[PDB]
Student: 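In this model we see BI 2536 bound to Bromodomain-containing protein 2.
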Amino acid sequence: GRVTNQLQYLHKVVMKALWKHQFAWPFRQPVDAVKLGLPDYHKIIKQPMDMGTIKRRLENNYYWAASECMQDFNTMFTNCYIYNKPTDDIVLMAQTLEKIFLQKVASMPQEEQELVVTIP
Ligand SMILES: CC[C@@H]1C(=O)N(C)c2cnc(Nc3ccc(C(=O)NC4CCN(C)CC4)cc3OC)nc2N1C1CCCC1
C-alpha cells in the first residue's frame, strides 16, 4: 500500500482515540469463536475484522486509500450489530465507538495525498 495524509490521520488520530477507549477491549483482537464456544460466528460473519488487525495493517502500510481503512472499521462495527442481540451492551459499546469514529473522521484532511516527496 502507501502512506497518505488521510491514512496517517486514521492511524495517528482516529485509531489512537479508539484503541485507548474504555470500550475498545472486545475489538482489539479477532473474535476467537473456538474459545468462546460460538460455532455459528463464522457461519454468520463472513468477513471478520478487528482493531488489532486494522492497526497492524496501518503499521505495515497495507492500505492504498483511507476509504479501504474506513471500510475495515465499518465492517468491524457492522459484524457486531449483525451477530449480537439488539439489547446487548456490546452493541451500545460499538455504537459509542462508531460515533467517535464518525466525529473524528469528520475532521480528516479533505484531499487524499500520498505523503511522499520525490527527487524527479
Ligand atoms: C463474538 C460475539 C460478540 C462480538 O461481536 N465480539 C466482537 C466479541 C469480542 N470479544 C468477546 N468476548 C471476550 C473477549 C475477550 C475475552 C478475554 O480476553 N478473556 C480472558 C481469557 C483468559 N483470562 C485472562 C481471563 C479472561 C473474553 C471474552 O468473553 C467475555 N465477545 C464478543 N461478543 C460477545 C460474546 C459474548 C457476548 C458478545
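The residues of chain A that appear here are 73-192 by the PDB entry count, in order. Note: hydrogens, waters and symmetry copies are ignored here, and every other heavy atom, side chains too, is used. Counting starts at 1 for both ligands and their atoms, following the listed order.
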Student: Take atom 10 (N) of BI 2536 (ligand 1) and look for protein heavy atoms under 4.0 Å from it; say yes if you find one, no if not.
Tutor: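 Within 4.0 Å: yes, protein heavy atom nearby.
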Student: Select the closest option to atom 12 (N) of BI 2536 (ligand 1) among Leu108, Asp122, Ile162, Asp112, judged by heavy-atom distance.
Tutor: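 Nearest heavy atom to atom 12 (N) of BI 2536 (ligand 1) lies in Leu108.
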Student: Quick one: nearest non-hydrogen protein atom to atom 7 (C) of BI 2536 (ligand 1), plus distance?
Tutor: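 Answer, as residue, atom name and distance: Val103 CG2, 3.6 Å.
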Student: Just to confirm, does any protein heavy atom lie below 4.0 Å from atom 38 (C) of BI 2536 (ligand 1)?
Tutor: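 Within 4.0 Å of atom 38 (C) of BI 2536 (ligand 1), protein heavy atoms are found.
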Student: Would you verify that at least one protein heavy atom lies under 4.0 Å from atom 1 (C) of BI 2536 (ligand 1), or report that none does?
Tutor: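 Within 4.0 Å: yes, protein heavy atom nearby.
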Student: Is atom 20 (C) of BI 2536 (ligand 1) near the protein, in the sense that some protein heavy atom lies at less than 4.0 Å from it?
Tutor: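 So far as the 4.0 Å threshold goes, atom 20 (C) of BI 2536 (ligand 1) is out of reach of every protein heavy atom.
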Student: For atom 27 (C) of BI 2536 (ligand 1), is the nearest protein heavy atom closer than 4.0 Å?
Tutor: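 No, no protein heavy atom sits under 4.0 Å from atom 27 (C) of BI 2536 (ligand 1).
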Student: Checking a contact table here: which protein heavy atom is nearest atom 35 (C) of BI 2536 (ligand 1), and how many Å away?
Tutor: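 Sorting protein heavy atoms by distance from atom 35 (C) of BI 2536 (ligand 1) puts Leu110 CD1, 4.4 Å first.
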Student: Is atom 5 (O) of BI 2536 (ligand 1) near the protein, in the sense that some protein heavy atom lies at less than 4.0 Å from it?
Tutor: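 Flag for atom 5 (O) of BI 2536 (ligand 1) set to true, protein heavy atom closer than 4.0 Å.
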Student: How about atom 14 (C) of BI 2536 (ligand 1): does it have a protein heavy atom within less than 4.0 Å?
Tutor: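 Given the 4.0 Å cut-off, atom 14 (C) of BI 2536 (ligand 1) counts as touching protein heavy atoms.
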Student: For BI 2536 (ligand 1), which atoms, with element, lie under 4.0 Å from some heavy atom of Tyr155?
Tutor: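 Counting from 1, the qualifying ligand atoms are 2 (C).
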Student: Which part of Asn156 is near BI 2536 (ligand 1), with near meaning a heavy atom under 4.0 Å away: side chain, backbone, both or neither?
Tutor: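 Only the side chain of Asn156 comes within reach of BI 2536 (ligand 1).
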Student: What are the neighbouring residues of BI 2536 (ligand 1) within 4.0 Å, counting only heavy atoms?
Tutor: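 Within 4.0 Å (heavy atoms), the residues are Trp97, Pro98, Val103, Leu108, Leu110, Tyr113, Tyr155, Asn156, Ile162.
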Student: Return a table of N or O atom pairs, BI 2536 (ligand 1) on one side and protein on the other, at distances under 3.5 Å, rounded to 0.1 Å.
Tutor:
residue, atom, partner, partner atom, Å
BI 2536 (ligand 1), 5 (O), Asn156, ND2, 3.0

